[PDB]
Trainee: 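Pasting a structure here, questions to come.
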Amino acid sequence: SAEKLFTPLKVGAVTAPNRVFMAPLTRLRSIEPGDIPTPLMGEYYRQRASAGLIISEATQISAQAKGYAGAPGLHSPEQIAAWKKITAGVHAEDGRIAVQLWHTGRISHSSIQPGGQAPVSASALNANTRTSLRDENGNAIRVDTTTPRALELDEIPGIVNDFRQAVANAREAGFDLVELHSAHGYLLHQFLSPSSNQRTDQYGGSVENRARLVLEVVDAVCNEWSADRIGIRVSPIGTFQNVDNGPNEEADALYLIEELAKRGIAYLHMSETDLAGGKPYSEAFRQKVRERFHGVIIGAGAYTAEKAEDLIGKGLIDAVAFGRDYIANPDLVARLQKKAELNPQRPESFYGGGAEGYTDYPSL
Ligand SMILES: Cc1cc2nc3c(=O)[nH]c(=O)nc-3n(C[C@H](O)[C@H](O)[C@H](O)COP(=O)(O)O)c2cc1C
Ligand SMILES: C[C@]12C=CC(=O)C=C1CC[C@@H]1[C@@H]2C(=O)C[C@@]2(C)[C@H]1CC[C@]2(O)/C(O)=C/O
């Protein structure tokens, strides 16, 4: 029963009974055509309802936002109807669930874009990585990303509106909170990073300009619903999927965080490392972040329970989001509380497929 990991925490409009959160995890098992959540996905989330808070797999705010075959959306009536069943399942088990909303930007492929056209981004620069599509048999396959088209200035308001509309849809779908995906090299992060943003208008250049889009989105969704329903995920230190954070990452991160604090949003979710190597956050930096944000702070990235307890005990973060351990342990909370062994992970089934390696992992 660790120490503080199993104590309640007020997270915006809801109250988590523990600080063991389920990180957003793309599993690519949605129905196509339609990018529709499935009953299987509903079962998967229901099995993990004991989490202090479940943060859903990244979900499209629009069809244009799609970058992976199998990722769900929250823009169509069918998607809203399917998500409604999933959130109800989680609530039936007394859990809480937030929907992570994204626009993949340049991490996409023309074959899954509307009209088969090139994807969009801050600038016309290829992501230089491989996204996941589906072959003729419906199996996940890695394919090089398509070079994007730079969004025209007059197209930006539309992007902001898509985020706003998706949040309105999330409210109807029964989600408890929404998490804006402003990390890991996706659209919002593409604007935030100098490496992927070479714009010469007000959306490029200074950190103020680079953060303009994400802050416009934050304001739009706070106005649409309520600030205490809004969370945001950032990965401001280091490099993620080829997108770094510039030569002044620390200062730029604090600027963004101070701006986010002004909106009084529910939480700040910090993704500290990418799947590969990554420089550890200094306690000094954590302190700088803590004193600038007055909401819940969630730490994530190869966390150990011990590390979570250490940082929560030091008053630097409030909760921890576990990714892969949640894939393999539906009842991770109980296991960590009883200090029980965990099920082994099967990475081969992280993406695509069906029930195997998804609803496959037993609870105690
Ligand atoms: C299979 C897989 C899918 C992921 N999908 C997402 C996602 O959709 N959105 C996101 O922000 N991060 C995503 N991540 C990152 C996780 O949220 C988490 O931060 C990461 O797994 C590192 O923590 P861990 O060591 O506890 O797994 C993904 C990671 C994995 C392994
Ligand atoms: C975890 C991840 C990272 C951050 C995020 O927000 C969402 C995801 C889900 C998809 C993952 C992605 C990666 O880290 C890169 C992967 C693993 C991709 C699927 C195929 C992939 O693009 C890879 O094979 C390219 O090398």
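Sequence positions, counted from 1, serve as the residue numbers for this chain. This entry, so its header tells us, was determined using X-ray crystallography, 1.4 Å. In each ligand, atom 1 is the first atom listed, and ligand 1 is the first ligand listed. Values reported hereafter were calculated over all heavy atoms of this structure, with side chains retained and with hydrogens, waters and symmetry mates removed.
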Trainee: I'm looking at ligand 2, any idea what drug that is?
Mentor: prednisone
Trainee: Out of curiosity, which chain makes more contacts with prednisone than the others? Name from the PDB entry, please.
Mentor: pentaerythritol tetranitrate reductase
Trainee: Could you walk me through which residues contact prednisone, taking a 4.0 Å heavy-atom cut-off?
Mentor: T26, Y68, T129, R130, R142, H181, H184, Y186, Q241, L275, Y351
Trainee: Can you list the atoms of prednisone that are under 4.0 Å from a heavy atom of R142?
Mentor: 24 (O)
Trainee: Do any N/O atoms on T131 end up under 3.5 angstrom from N/O atoms on prednisone?
Mentor: no
Trainee: Distance under 4.0 Å to a non-hydrogen atom of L275: what atoms of prednisone satisfy this?
Mentor: 14 (O)
Trainee: For prednisone, which is the ligand I care about here, please tell me if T26 has any N or O atom under 3.5 Å from one of the ligand's N or O atoms.
Mentor: no
Trainee: Taking only heavy atoms of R130 into account, list the atoms of prednisone that are under 4.0 Å away from them.
Mentor: 20 (C), 21 (C), 22 (O), 23 (C), 25 (C)
Trainee: May I ask you to list the atoms of prednisone that are less than 4.0 angstrom from any heavy atom of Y351?
Mentor: 1 (C), 9 (C), 10 (C), 11 (C), 17 (C)
Trainee: What is the organism of chain A, as given by the entry?
Mentor: Enterobacter cloacae
Trainee: Polar contacts were defined as any N/O atom of the residue lying under 3.5 Å from an N/O atom of the ligand; does this apply to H184 and prednisone?
Mentor: yes
